[PDB]
Every structure is written in structure tokens, then in C-alpha cells.
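The order of the sequence lines fixes the chain letters, beginning with A. Following the PDB entry, chain A residues are numbered 43-128, 131-199, in order. We number chain B the same way the PDB entry does; the residues here are 3-201, 215-622, 645-731, 737-810, in that order. Just so you know, these numbers use all the heavy atoms, side chains as well, and skip hydrogens, waters and symmetry mates. Indexing begins at 1, ligand by ligand and atom by atom, following the structure's order.
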Amino acid sequence: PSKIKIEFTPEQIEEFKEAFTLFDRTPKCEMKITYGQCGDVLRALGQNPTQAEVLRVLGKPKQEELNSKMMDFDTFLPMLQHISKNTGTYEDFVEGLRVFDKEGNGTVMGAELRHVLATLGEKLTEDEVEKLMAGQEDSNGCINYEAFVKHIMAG
Amino acid sequence: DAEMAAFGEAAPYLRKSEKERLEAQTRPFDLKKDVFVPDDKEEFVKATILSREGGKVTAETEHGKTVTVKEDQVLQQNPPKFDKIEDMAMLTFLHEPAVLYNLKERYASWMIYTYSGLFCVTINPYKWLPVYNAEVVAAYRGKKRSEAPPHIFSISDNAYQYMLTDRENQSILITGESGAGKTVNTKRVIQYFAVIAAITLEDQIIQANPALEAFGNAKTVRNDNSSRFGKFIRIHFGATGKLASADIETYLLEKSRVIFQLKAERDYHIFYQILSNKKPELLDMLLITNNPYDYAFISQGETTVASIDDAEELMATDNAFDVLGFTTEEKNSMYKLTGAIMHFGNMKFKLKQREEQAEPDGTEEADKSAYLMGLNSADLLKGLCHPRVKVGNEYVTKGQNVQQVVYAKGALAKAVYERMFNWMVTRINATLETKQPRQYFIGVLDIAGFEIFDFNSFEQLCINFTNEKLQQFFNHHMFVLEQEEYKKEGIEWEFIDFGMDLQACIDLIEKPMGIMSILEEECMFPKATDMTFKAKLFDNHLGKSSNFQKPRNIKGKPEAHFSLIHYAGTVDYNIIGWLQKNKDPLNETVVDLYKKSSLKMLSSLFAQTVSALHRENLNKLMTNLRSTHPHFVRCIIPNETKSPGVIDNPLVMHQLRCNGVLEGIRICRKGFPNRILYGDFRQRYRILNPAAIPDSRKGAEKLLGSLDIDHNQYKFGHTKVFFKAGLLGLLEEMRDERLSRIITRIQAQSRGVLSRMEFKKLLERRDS
Ligand SMILES: COC(=O)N1CCN(Cc2cccc(NC(=O)Nc3ccc(C)nc3)c2F)CC1
Ligand SMILES: Nc1ncnc2c1ncn2[C@@H]1O[C@H](COP(=O)(O)OP(=O)(O)O)[C@@H](O)[C@H]1O
Ligand code: VO4
Ligand SMILES: [Mg+2]
């Protein structure tokens, strides 16, 4: 927290200060975020940390702290700097999805990839999977996993 | 224990608790003291060394006995971390008592399956265990060998994974003596694929066995539910692994059982199932009483079995036929022919006054037989007493005495029964064939097992010869083809002689001038007798073939003519009637009446030698098996009294020795039992380090070389990468671990996209 030297230009800080303000859901409009929405703001600002990496920079909080512990921008900024230091290649991603390619034809069954993202690793909700998978399946309900990897990496 | 939660109530019968694991691990043990010593009655016993003196050890046995033995007779006990080990290929000290005691200790905890290298050992519990339910089936699905406890379901799942990974047909070869557990494990393999596919072909494959067992199984002195036929069940799969179809090939049903029984045995189950009076309409339809002792063909031995509810079993048989889609007409025709067989054996005959010619002695039982068979009883009786011969537009009759008619009557009943059983198998296959596309199959072999009775005849030779060939198939796969694979591939390897080869015994039985070939030649000589056959066997083999010996005749035991040193033991064979059994002749006048029957089933059933046909079935089966990757299940009989949880050390030791279990574990440990083509290696393991593969062989070298592994545990062949089973298990764990981390990273990028999608909506309202 204190050891973190802030490297960002003052213009970047002001750009991040506004993105952080857009996430304000406080009743008094105090421009603060709950510990639970930190992941979202790091992600809105171009980062892709795991749920575990977010929890580590938050100092391993309880679910109660994620729901109702407030954070100001001054506390958020060193967390953004630390997360930006630390991801997996396109090749790793394609090889991971190839495991589910039964035939080796370049596609994976839509319902199978949806099931994998909602059961394995740091599970995504059925809602998160629905939103992410929207309009990605072909006429046969299949997914071109290397086109999908390019889609999420450009997102 | 939480990792075992998916298995439910089966969990303590499959894997020991973490609490037991900690108890074993910390139990008292001294590597120097805790040993095994030979024992004249118990094979080997656990002992603690008391004194070491001039090349000999003085130890105290587990039975409180001081024994003095040579240092080279003493074998080391494996430390407690190895107690009840799941795979015996992992033991530090591999020897006979280590294997025996590991099996005994698992069996004492009701853990009846143990891996032994790439094969599996199973010991008959003689008790129902809650390890075969749909919850256990679901729990085994897709599990690696390390993550799941040993079970018949995991052997089945492993075979399925090998099928899809290697793109080759698989076989599950289940060995054992009579009553060891082959039929139970065969039905469990079928259950596994049927239940997985269910999560009516699936119902039909499960119901095929009760229908077959009613007609093809019987109580023998060794097994209350003994299989009297062999079978190969193929479960067909589509290219992506979906269940497609199934088929059943059956081999050589024991025909004599239909009309003959030894003292301590029954005829086929069906007769007793019908006579149970569970469906009283069957007794009225078949024109029979409820007394088996009223029917000559079925009551020569036993009629009841303590462990079998014949009333309950007839309902299982009748329901199996319904599920299988057999019509009422098809079901009733099978019952009617069974009843007709019962009546047929009760037809009595007498000699005419002035000639050695048979004539009916009453006609009541012939009338009932003909009625059920859709024949005229006068035609039946005339055909049996005066079989027709064609001589230029006349059917002259051949004379027959009572011995000839009785024999002919028996041959005909045996033929009707065998053809009916074969009709039923063809009819089961008609429903099991779905016309659904397939690419692969997993075949399950269930033969009639090694048996020794007080009286061993032609049927015991054919059975025991099948077991000999199957043991030799294991020997060949494990010790011959395996070492050949290493050499062809260019893997540094010194040939090991495992002393597992049954060629001399197999040659004695099937090669020219052997037992079967001599019998077949004697069948072609019209004047040959059982004693010209017996003389020919002795002249060609006594003092010439190591496995052919004199009989070991004992007073209060039936007489034998020779003894054969089989893999599983020395068997004394009685040679009477072997020529007749081999030729299997039939009265062709009565066969013509069967062809003209008003009962459509009997009409269709009838629309050179047994040894020749057996030899042809065997070697055609052995070539189907050669084009599959075999998986062996070695079923073991624990004791001679059907006592649950009781182990007889010499009996278990004998079975492990003649099965070649230790030699089999050794080749798995010393060799490289897992292998993969270079192209296939790249597809499966590039995920471990994609940077190492940015030539398929060079790529495999670079990738394996970049890993923190024992680099001695893999070898490069001309076309494949070879692995020790332990290294493969580690690579699979590493692959699963890396896949989990990649999915986590894909999910993090996915959360990034979703948050950025929402951020773009927020910006569009104010800033964009
Ligand atoms: C240890 O865990 C397991 O039991 N499994 C893990 C996943 N495995 C898949 C898999 C990987 C690597 C190689 C092969 N194939 C192979 O060894 N083929 C082979 C070996 C010997 C013979 C006589 N014939 C063909 C393969 F299937 C198989 C299950
Ligand atoms: N795994 C098992 N669980 C429970 N009982 C078993 C098991 N294996 C064998 N048995 C018992 O032993 C009998 C003989 O087994 P079976 O499979 O018919 O032998 P075989 O090897 O002759 O085909 C069974 O009917 C059953 O009573
Ligand atoms: O008793 V068995 O099924 O081996 O014949
Ligand atoms: Mg059987």
C-alpha cells in the first residue's frame, strides 16, 4: 500500500478518477465504491485479474467487507498500480479449449463450453456465461474456439 | 473423505478413511524386524526377527512360533504407507507374500478390487456390497486411475478413454475358475455403459443376461449359477463416444446337461423356474405336474438350490423377455418346447418278443410331447423306432433296439434345446441392433471357467482347453507382444524370460496328432471304439508329451483313462462316449417331422464335429481379440466353502501363481506400459508448455525435457513416446492442473469483457 510508487501521469489519474466515479452507487453520491466492486473498476480500466488476485490486493476480505466496506479513490489507485504490474498467451487459451475438441475439427459444442466456464476454474454465473456467449454459436450450435479466444482478448 | 463424498455409502468399501490412513502410516513398524517367512501350511506368514546367526535367522511368527530359516528365504515387509495399496505395481518390495498380504488386507476391509499394474485382481466376497449402484456409476465417470479407487467401473471407464484416445477397439477379458466372479463382473461392465447412456437399448442390454442365464446357466458342485456356454458381448460406440448398439456371440452350450446330471448338480434353471408354480398357467399349458422327480431328464442330481428362489427367477426371466420385446407367441413357444423336452424324456420303450427291435412301452408322454411340438405322435414313435433310409423311390426302415432309441431320443431333445437357445441369442441381437452409426466397440469376454469334477468328460476338456488358451493370450500380450513392441520401436531393452508359456499343453490338445486331432480321425473310422481312441492317445503321447500322464484313480471316486497337466491343475479325464459326443449324430426321420411341425418355432429351428467347430470358434475369437487392446480382470476364489471374508492362503497363492499376476506386475514396472504416437502427443500435451513446440519428435523431446520430471521414465521410439504408468499419471495430473489455470485465466479475460461492456454503456450516458 505505502511501498507502491504511483507511476501513472496526473492526466491518467484524472481519467481513472472519472471511471471510478461512474461506478458510484452510494445513496449520498459520495463517489466511493464497495470492496466488492473493485474488480469491476480494475476491469473497466483495462485490467484482467483473477478473482483470487483481486482478493489478494483487497487484503483477503470477508464477504461482509466485499458487500459493505467502502473504498475511496486514494485507496483504489495503489491497487490499480499493483494489479497493472502482474496473464496467459493466445496459444495457452487455444490449447485450453482444444482439450474439449473431441474431433479436432476447430469447434466445441456450445452447451459444453457454457458448462465448462460455469463449473471449472473460478466458476462464472449462468448469467455471466449467457451475456458472454450471446451471438457466438453458429447454425449447428458450435463455437470456433480460436475465433472466440480472439473475441475475448480484443474485448 | 469429502473427496469420496460423490461415492455415497459405497465410500468405505472403496477407499479407507483419512483417519485409517493416519493410523496405518503411524502404526508400529521396524524395517529390520518385520519380515515374511515361508510356512508349510499358510505359504508365507508375517514374522519378527529375534536373532541373526551365521547366515540363518531366528524369527517369531504371527501365530506365536519360533522358526529358524536361511537368510535367502526371508522376504521384507513393505512399510505401513503401502498398507492396502490400490496399485501393487507401486510397492517397494514386489514378491509373493507382499502381493498376497496386500490382497488379504484389502479383502478383510471388503475392498474386493486391487490394481496390479495395468490389469486388475478381484476376490469373490460371497456377499452383496453397496458398490454397484447408479451413484457409484456417476462417481466413476471420466476419473483418472489415480483419482478413483479400484473398481470394475474404472476398468470399464479406462477402456472407454483408451478407445477415444488411441482410436482402437478394446476388450475386457475376465478370467477365473468356476465360481470366481466372471459373470458378475461381465454384467457390471454392461451396467456401467447402460447407466452412463441412460443419464430402451440400455434396458435391453441389461435384460439380455437374465434371459440367457435361465436357459444357459445351471447349478454345478462349484457354482450355484454356473455359465454352461461362453459369450463375447460387444458394446458399439459412435466416433465421439456415444453408445450406439450391442451384439452377443455365444459359444458351445453344454448339450448333455439337458438330459443328464451328476449327483451334486441341476439341469438348466428354466425347468425349475417353470416347475416353481409361480405362473400356474405355464403348468397347465405345458401339461406338467409341479414335481421335478416326475421328469427323468431333469431329476438325476439335485432339484433345489438354497441360494436360488426359482419362483422369483421365473418372474425375472419372463420380465426380461418382455423388456426384450419378445411377443406372447415367442415366449409361449419357448415355454412349450421346454415342456415338450420334459415329456420327451419320459417316453419309455421295450424290446419286441422275437426281435431286437424297440417298440413303445405306453404312449401318454409321447402324445403330450407331440402335442406341444405340433407333431403327430404315431409319426414321432415310428420315426424313433424305424428311421427311414432312401433306396430308389422307397423309404426302407433301419432297425433300432431300446439302447439306440433311448440314445436318439436324448440326441433330439439336446438338439431342440441347443437350437432354441441359439434362436433366443439371434432374437436378442435383432432387438439390440439399432442401425445407429458406430466406429468402435468394447468387447467383454465371459467364458465358462476352469473346473474339476469327480467325473471329467469331453465337456470339461473343451472348457479347460478354453481357459488354457485365455491364460496363454494373457502370457502372449504381457510378455511376448510387449517386449516385441519395445524392439520394433528401437527402445533399449534386454529380453526377459518370465517362464509364462503354455504352448506344450496347448499343442498336446489342438495340434495335428494331438488329443482333438486323434479324436477327429477316430470319428472317420466306422469300426473305431472308445478303447481304440484310448490306445491311440497312449501310443502317441505317454512318455512323449510332458502334459499327458496316466490317470490318478482312487477307490471311492469314478474311473478315468488319462490325466492332463493343465495350467490351473492336473485333471483326470474319462473317455467313454467321446466319439458319439464328437459326431453328435441325429435321427433324420424325426428331424424331417420337426421341419414339417405346425409350431412355427420348431419348424424354423430345423429349417462336421464338435472339436473341429470348437477349435474354429476359439482361433477366430483369438484373432478378434488380437485386433483389440485387451484389459484383464483376474477373478480369484478365496476359499473352497463359499465363506464370505475368509481367505485360504495356498488356494489364493495357487491362483496368483498360475495366473502369472507377479510376472504381469513386473513387466508393467520394468517396461513402459503406456505409449502415444508423436502427432497425438503434440495434440494432448502441447498445453503443458506451448513455447517448447512453437517436427513432432523434436517437439516431444523439447516439451518433456522442459518439465521437472524423472527423465528416465520416458523413452523415444521410432513412431511413439513410451512412458512408465507412474509418469503418465503425473503428466495427466499436470495437464488437468494446467487446464484449470488456463480456464481461470479465460474466465478473468471473460470478466474483463463483461465489465468493459457495462463500462461502455455507462460512458455512453455521460462521456462518449
Ligand atoms: C493413468 O491414467 C489412466 O489410466 N488414464 C489416463 C488417460 N490415458 C489416456 C492416454 C494417454 C496417453 C497414452 C494413451 N494410450 C496408451 O497408453 N495406449 C496403449 C498402451 C498400451 C497398449 C497395450 N496399447 C495401447 C492414452 F490412452 C488413459 C487412461
Ligand atoms: N463381486 C461380487 N459380489 C458379490 N457376490 C459375488 C461377486 N462375485 C461373485 N459373487 C458370488 O459368487 C457367485 C459366482 O460368481 P459368478 O460370476 O457366477 O462366477 P463365474 O466366474 O463362474 O462366472 C455369484 O453368483 C455370487 O453369488
Ligand atoms: O462357474 V462359471 O460361470 O466359470 O462356469
Ligand atoms: Mg459364468
Exercise. Provide the recorded name of the drug at ligand 1.
Key: omecamtiv mecarbil
Practice problem: Report, using the naming of the PDB entry, the chain with the greatest number of heavy-atom pairs under 4.5 Å to omecamtiv mecarbil (ligand 1). | Solution: Myosin-7
Quiz item: Which other chains have one or more heavy atoms under 4.0 Å from any atom of omecamtiv mecarbil (ligand 1)?
Solution: B
Quiz prompt | Nitrogen or oxygen atoms of B:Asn711 and omecamtiv mecarbil (ligand 1) under 3.5 Å apart | solution = yes
Quiz item: Would you say B:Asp168 has any N or O atom under 3.5 Å from an N or O of omecamtiv mecarbil (ligand 1), going by distance alone?
Solution: yes
Quiz item: Does B:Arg712 reach omecamtiv mecarbil (ligand 1) with a nitrogen or oxygen that is under 3.5 Å from one of the ligand's nitrogen or oxygen atoms?
Solution: yes
Quiz item: Most of the contacts with omecamtiv mecarbil (ligand 1) on chain B come from which UniProt domain?
Solution: Myosin motor
Quiz item: What protein heavy atom sits nearest atom 21 (C) of omecamtiv mecarbil (ligand 1), and how far off is it?
Solution: B:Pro710 O, 3.2 Å
Practice problem: Note the single closest protein heavy atom to atom 5 (N) of omecamtiv mecarbil (ligand 1), along with its residue, its atom name and the distance in Å. | Solution: B:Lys146 CG, 4.5 Å
Quiz item: Among the UniProt-annotated ATP-binding residues of chain B, which have any heavy atom closer than 4.0 Å to omecamtiv mecarbil (ligand 1)?
Solution: none
Self-check item: The one among B:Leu166, B:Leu769, B:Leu120, B:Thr167 that brings a heavy atom closest to atom 9 (C) of omecamtiv mecarbil (ligand 1)
Solution: B:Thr167
Quiz item: If you draw a 4.0 Å sphere around every atom of omecamtiv mecarbil (ligand 1), which residues of other chains have a heavy atom inside it?
Solution: B:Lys146, B:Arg147, B:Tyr164, B:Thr167, B:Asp168, B:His492, B:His666, B:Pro710, B:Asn711, B:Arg712, B:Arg721, B:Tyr722, B:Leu770, B:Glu774
Between omecamtiv mecarbil (ligand 1) and the protein, which N/O pairs fall short of 3.5 Å?
unit_1: omecamtiv mecarbil (ligand 1); atom_1: 15 (N); unit_2: B:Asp168; atom_2: OD1; d: 2.9
unit_1: omecamtiv mecarbil (ligand 1); atom_1: 15 (N); unit_2: B:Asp168; atom_2: OD2; d: 3.3
unit_1: omecamtiv mecarbil (ligand 1); atom_1: 15 (N); unit_2: B:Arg712; atom_2: O; d: 3.3
unit_1: omecamtiv mecarbil (ligand 1); atom_1: 17 (O); unit_2: B:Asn711; atom_2: ND2; d: 3.0
unit_1: omecamtiv mecarbil (ligand 1); atom_1: 17 (O); unit_2: B:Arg712; atom_2: N; d: 3.3
unit_1: omecamtiv mecarbil (ligand 1); atom_1: 17 (O); unit_2: B:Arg712; atom_2: O; d: 3.3
unit_1: omecamtiv mecarbil (ligand 1); atom_1: 18 (N); unit_2: B:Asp168; atom_2: OD2; d: 2.8
unit_1: omecamtiv mecarbil (ligand 1); atom_1: 18 (N); unit_2: B:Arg712; atom_2: O; d: 3.4

